[PDB]
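Entry overview - HIV-1 CA protein with fluorescein in place.
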Amino acid sequence: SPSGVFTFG
Amino acid sequence: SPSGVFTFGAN
Amino acid sequence: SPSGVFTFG
Amino acid sequence: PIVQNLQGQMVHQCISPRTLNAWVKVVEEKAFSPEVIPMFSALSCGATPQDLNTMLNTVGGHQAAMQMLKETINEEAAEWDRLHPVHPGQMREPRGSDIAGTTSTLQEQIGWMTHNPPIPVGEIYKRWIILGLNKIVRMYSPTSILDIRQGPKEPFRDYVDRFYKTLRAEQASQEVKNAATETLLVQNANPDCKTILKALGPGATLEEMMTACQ
Amino acid sequence: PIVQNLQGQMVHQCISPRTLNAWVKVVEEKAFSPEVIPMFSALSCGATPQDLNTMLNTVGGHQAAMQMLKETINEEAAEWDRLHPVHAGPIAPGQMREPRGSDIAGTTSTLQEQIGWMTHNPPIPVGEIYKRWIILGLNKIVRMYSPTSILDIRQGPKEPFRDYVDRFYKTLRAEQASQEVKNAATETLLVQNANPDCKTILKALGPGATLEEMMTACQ
Amino acid sequence: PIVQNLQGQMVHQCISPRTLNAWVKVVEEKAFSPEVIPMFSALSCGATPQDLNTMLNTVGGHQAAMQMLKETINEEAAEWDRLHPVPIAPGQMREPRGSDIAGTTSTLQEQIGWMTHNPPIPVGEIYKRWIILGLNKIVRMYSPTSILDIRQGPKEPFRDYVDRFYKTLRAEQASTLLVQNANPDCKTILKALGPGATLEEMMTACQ
Amino acid sequence: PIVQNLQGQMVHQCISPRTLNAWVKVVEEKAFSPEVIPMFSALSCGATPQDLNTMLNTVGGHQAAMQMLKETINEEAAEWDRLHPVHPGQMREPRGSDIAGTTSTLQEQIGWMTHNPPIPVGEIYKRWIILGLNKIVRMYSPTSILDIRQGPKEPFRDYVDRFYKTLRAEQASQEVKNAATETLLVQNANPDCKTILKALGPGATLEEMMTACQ
Amino acid sequence: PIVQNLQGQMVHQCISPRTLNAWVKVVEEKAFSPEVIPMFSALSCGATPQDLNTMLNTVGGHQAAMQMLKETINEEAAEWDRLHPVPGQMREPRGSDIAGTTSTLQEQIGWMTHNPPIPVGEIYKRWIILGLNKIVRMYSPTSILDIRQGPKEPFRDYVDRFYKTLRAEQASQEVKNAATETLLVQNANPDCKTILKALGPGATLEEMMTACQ
Amino acid sequence: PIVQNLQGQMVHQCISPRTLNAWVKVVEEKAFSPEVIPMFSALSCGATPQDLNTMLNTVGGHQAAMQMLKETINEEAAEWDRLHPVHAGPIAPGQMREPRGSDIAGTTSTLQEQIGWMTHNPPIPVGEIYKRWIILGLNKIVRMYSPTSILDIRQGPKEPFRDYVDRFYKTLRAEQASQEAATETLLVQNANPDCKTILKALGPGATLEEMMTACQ
Ligand SMILES: O=C(O)c1ccccc1-c1c2ccc(=O)cc-2oc2cc(O)ccc12
Ligand SMILES: O=C(O)c1ccccc1-c1c2ccc(=O)cc-2oc2cc(O)ccc12
């Protein structure tokens with residue numbers, strides 16, 4: 001399951 | 001006289 | 001000393 | 001234009017740069033194609049006569065059209081004065097040139113438009129302008145409905161688009177438009193399509209005709 | 001449109017130059033591609049019938065389509081008058097009347113009457129009723145103008161599976177004027193019109209596979 | 001400018017970047033074609049003299065025209081002082097001189113005071129009237145052609161000729177003949193119409 | 001969206017033409033590059049389910065992705081219905097398809113979102129959408145992190161840019177990302193840079209590495 | 001900037017992306033042609049010192065000019081400190097406070113909205129315009145003595161160049177008028193000079209320009 | 001961001017499309033030229049941590065720089081937790097808790113918590129604290145992307161002095177990530193022979209304006 005792309009926050 | 005160009009609505 | 005560039009007002 | 005504020009008051013608001021530029025560009029890009037008139041009408045929502053004159057006067061080209069428009073305006077103002085003769089802090093009655101904004105001040109226009117009951121001089125004047133624009137659009141129509149004929153290789157949809165665009169510019173009564181739809185549309189389709197449409201029989205709807213030649 | 005002002009009151013506001021231009025431009029650029037309909041719906045948020053008519057009247061091309069749209073509108077207004085009849089009789093002046101079909105379409109009603117209905121308690125949403133009719137007509141145009149049948153969408157021998165699925169569901173959306181178009185028949189057809197290699201992989205996956213699984217399998 | 005806020009009070013508001021840019025660009029693109037003046041007038045709705053001077057001073061080119069405009073402004077200010085001759089009481093409003101109306105000897109706050117006084121002293125509208133008079137003189141000067149040089153071409157459509165005619169007339173006027181300068185065929189048809197014909201009728205006849 | 005008015009009330013506001021066009025254009029220009037998702041999230045600030053559906057539905061291309069997104073949404077809605085089963089002028093409870101805006105009205109969405117306590121159906125739906133979008137972004141990643149090797153003449157900065165662009169799109173867990181940084185980044189630098197970096201020893205910051213190989 | 005709200009109060013408002021971009025673009029397109037200064041002044045209407053510093057600092061090129069401006073600002077700040085020396089009470093602004101380097105946004109708002117107001121934004125803007133005036137004069141590409149009508153140059157184009165140069169040079173009005181009175185006619189090309197001499201001095205520019213049209 | 005409405009109340013407002021696009025475009029067009037930092041600071045006026053993260057996360061390229069920034073942020077957050085530790089323990093109903101470093105960076109805090117901190121009396125300015133951390137990292141990026149050393153800026157044989165000074169202070173700004181004796185020494189030292197002679201004749205304490213007038 002992908003971890004998402006929000007590097008910040 | 002011209003009838004106008006308002007195809008839709010009240011004219 | 002320069003007079004400025006505000007031609008009007 | 002005249003707008004509503006949070007106190008429930010109708011108050012003056014300056015015409016915006018966006019509105020001004022939009023009108024200039026639509027005249028530049030579309031000239032007097034029919035769709036220019038509803039755009040005018042929409043861009044002048046709430047306009048005072050002063051605003052309407054601003055919109056007309058900012059047009060740079062097309063001065064033959066703008067002079068014809070001025071003449072229609074003067075005719076309508078004269079008819080107003082003929083139908084509404086005008087015999088200390090009290091509101092005067094508008095004459096035709098007041099409605100067209102040449103002899104009235106902005107404050108007088110606001111006074112009439114926000115009075116109780118309102119004298120809607122902006123809407124009256126806009127009606128006159130649209131009468132003039134209608135005559136210009138009809139005059140500048142590039143092609144007669146009689147000359148709209150489907151090309152041997154023209155899709156039926158494109159032919160009908162040309163047909164109804166011409167019909168819109170010509171601005172005949174609905175009865176005259178229906179007569180053209182009932183005779184010319186089929187008569188001036190190209191041979192193959194015309195055969196198919198005649199096979200349909202009389203009274204076919206536009207949707208049916210377009211499906212049949214698709 | 002009718003909007004809430006900063007103090008919570010429902011008030012009329014002129015349609016904006018940005019809205020007007022956005023609608024004209026989307027029609028010019030996209031014609032009757034399906035995604036034009038959601039855009040129409042969004043640009044007419046809060047619209048009165050008068051605003052909806054402005055948007056339709058500012059369209060310059062596609063005048064055949066506009067005649068078809070006008071006919072759909074008249075059909076829906078007649079259905080409104082059948083299912084929501086207005087008892088006839090003298091109509092007291094200066095008082096809210098009940099809207100007929102031609103009032104909802106803005107042909108026999110004034111802007112002030114439309115504002116009155118839309119801001120009534122409870123509101124009579126003549127703008128939303130009319131918009132439903134318009135979108136029905138526009139959807140019929142979208143389907144009529146769809147260029148290709150779903151049966152003719154077949155994966156090329158070297159076409160990546162993703163591009164084929166893109167073409168397949170674009171075509172389906174236009175032919176139905178809807179994205180809610182996934183059924184067992186459709187997935188059947190997607191596999192059936194796949195190319196031999198992809199088709200073999202997909203058939204090995206079996207039914208009940210998700211689109212993500214199909215696309216991963218043929219990557 | 002001075003605008004009414006959402007609660008009905010007259011307040012000063014900074015000139016907007018959109019307005020500033022619109023004026024600069026119309027001067028850059030159209031120079032002093034006549035339609036530039038109505039645009040100026042609309043873009044300065046509610047302007048104080050300070051705002052009007054901002055609009056005039058942001059023009060980069062056309063400095064010859066700007067000097068002509070300045071001369072027109074000073075002439076109008078002199079006439080104002082001739083027709084409305086004027087220490088001050090503490091905390092009291094003084095009367096504007098010609099140079100106050102043009103924004104050279106007045107502060108923004110004084111301009112606001114005059115424009116929002118009851119009754120208002122409309123120094124912005126007076127100054128704008130002076131500016132537009134100067135601008136009309138400039139438009140007339142930049143007109144490239146005289147109405148006498150507008151003749152219908154042998155094979156020029158009548159509409160194009162009329163467009164050129166009235167374009168020229170508008171620029172030359174800023175600060176019977178149409179027929180006479182039409183080409184022979186059109187001229188014959190038009191005179192055949194007789195007098196009292198509208199432009200619409202004339203253009204239809206020569207279409 | 002839902003916004004606060006001067007009276008402290010949360011009220012509906014129409015989605016703007018600027019927002020609509022900004023989203024359409026970012027999908028056209030960036031497709032499903034990772035930064036599309038934060039932009040989606042920012043452009044949908046305060047959105048109702050209706051607004052979120054508008055944004056998704058105005059996309060014209062990428063219908064494979066949009067169908068996959070529908071699948072993800074329906075899975076999340078089914079799970080919602082499993083965890084929150086549902087049974088006169090009163091507020092009913094939302095089911096999965098109500099949160100996704102297909103079986104609920106705008107007025108119901110506003111009612112839920114402005115209720116005390118609020119049922120934030122817009123934020124719930126947005127979460128589901130971003131789940132699906134994340135799956136799409138990962139699937140559309142063109143490159144694997146293992147294939148990112150610094151070219152013999154490639155500036156180190158460009159190599160690191162490619163490395164972390166790929167890592168971002170691939171969306172591994174943070175432990176696997178850390179492993180990649182501690183193992184692959186230096187391992188796949190070109191010989192000269194790799195020598196300098198290994199001489200720096202572990203625990204060096206990315207800043208120190210990049211200064212060293214500049 | 002500081003704007004008036006509906007309570008009749010003066011409150012802070014963030015500088016807008018439109019203002020920021022407008023200023024960056026005018027510097028990019030016009031450099032230090034004279035009309036950049038009225039544009040600066042108009043785009044900074046109601047600005048705090050922080051906002052003024054934002055506008056200057058977002059400029060990317062022209063760092064020689066920007067350093068000269070900074071030196072002019074520091075001179076004006078020193079003169080202010082010479083003439084205006086300095087619990088729960090409001091302190092007095094020193095020069096670096098007016099220039100926004102030693103003052104907080106909240107202090108700038110406090111000064112600008114106090115009764116009576118200490119208009120630190122307008123004071124700083126005055127200093128900035130002093131520096132910009134000096135840069136515009138320095139960067140003027142041409143001397144008024146070198147503006148001469150070409151044999152085939154329209155008189156209008158020559159006068160445009162003449163007065164653009166004069167505007168950039170920023171001499172006193174007496175010096176400008178002396179230039180108009182001698183150099184303009186002197187440096188016209190032979191034919192135009194003949195006509196303009198026949199008209200004589202004291203003819204208006206409009207009359208001169210019509211005569212040579 | 002948090003802004004004052006028209007009646008003087010501090011309220012949350014969605015970040016605007018204009019702001020989002022302005023930041024994305026300035027990064028695309030200018031990369032990390034120094035003037036991008038003041039632009040960042042102006043475009044994030046009143047921003048919450050959520051808004052600041054939105055701005056950073058919408059950047060598509062420059063992922064090396066973004067990773068460096070993430071490391072700078074984490075370092076500043078660790079220092080915050082060391083110097084401003086939050087007493088661990090129970091939760092007080094209806095009461096404002098104190099932010100830790102990850103709360104200020106918007107990773108472990110909700111938008112509603114951020115609004116609560118920023119509009120409290122007195123305000124706990126988590127947006128401005130985070131923005132200070134971000135600008136610290138961005139200045140490090142600007143310095144690293146500076147292409148040239150000030151020692152390599154020497155006036156060309158025919159180069160106008162004005163152009164040389166432009167390159168000189170452009171370079172100095174990028175190398176320091178800021179516009180603020182060795183430097184003036186260096187300016188004259190690396191001027192071309194004729195200009196250097198004139199400038200040395202002017203002597204010490206001459207202003208840049210006087211130097212540029214002298215070598216024009
Ligand atoms: O939703 C309905 O069927 C309905 C029932 C009573 C009154 C109006 C409607 C109705 C609409 C109600 C709300 C709304 O937002 C839109 C509606 O649209 C309708 C369209 C119809 O042709 C016919 C009816 C409607
Ligand atoms: O340095 C300060 O002003 C300060 C004092 C107490 C608490 C926080 C701060 C502080 C800030 C206060 C206001 C402000 O606008 C910005 C601040 O930034 C900080 C950054 C830190 O790393 C660490 C601290 C701060």
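Lettering follows sequence order; numbering is per chain, from 1. Counting starts at 1 for both ligands and their atoms, in listed order. Just the heavy atoms: all of them, side chains too, but no hydrogens, waters or symmetry mates, feed the values below.
- Every other chain with a heavy atom under 4.0 Å from fluorescein (ligand 1) is named here: E.
- Taking atom 15 (O) of fluorescein (ligand 1) as the reference point, the nearest protein heavy-atom neighbour is E:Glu128 CB, 3.3 Å.
- Protein heavy atom at the shortest distance from atom 13 (C) of fluorescein (ligand 1) is E:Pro125 CG, 3.8 Å.
- Remark: minimum distance from atom 7 (C) of fluorescein (ligand 1) to any protein heavy atom is reached at E:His84 NE2, 4.0 Å.
- The protein atom (non-hydrogen) at minimum distance from atom 11 (C) of fluorescein (ligand 1) is E:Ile129 CG1, 4.0 Å.
- Of all protein heavy atoms, the one lying nearest to atom 21 (C) of fluorescein (ligand 1) is E:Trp133 NE1, 3.6 Å.
- Among all protein heavy atoms, the one lying closest to atom 9 (C) of fluorescein (ligand 1) is E:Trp80 CZ3, 4.5 Å.
- Of the listed residues (E:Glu76, G:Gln107, E:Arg132), the one carrying the non-hydrogen atom nearest atom 20 (C) of fluorescein (ligand 1) is E:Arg132.
- Protein non-hydrogen atoms do not reach within 4.0 Å of atom 4 (C) of fluorescein (ligand 1).
- The shell of residues around fluorescein (ligand 1) (heavy atoms under 4.0 Å) is E:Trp80, E:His84, E:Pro125, E:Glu128, E:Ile129, E:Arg132, E:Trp133.
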Where does fluorescein (ligand 1) get N/O contacts under 3.5 Å from the protein, atom by atom?
{"from": "fluorescein (ligand 1)", "atom 1": "18 (O)", "to": "E:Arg132", "atom 2": "NE", "distance (Å)": "3.4"}
{"from": "fluorescein (ligand 1)", "atom 1": "18 (O)", "to": "E:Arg132", "atom 2": "NH1", "distance (Å)": "3.4"}
{"from": "fluorescein (ligand 1)", "atom 1": "22 (O)", "to": "E:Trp133", "atom 2": "NE1", "distance (Å)": "2.8"}

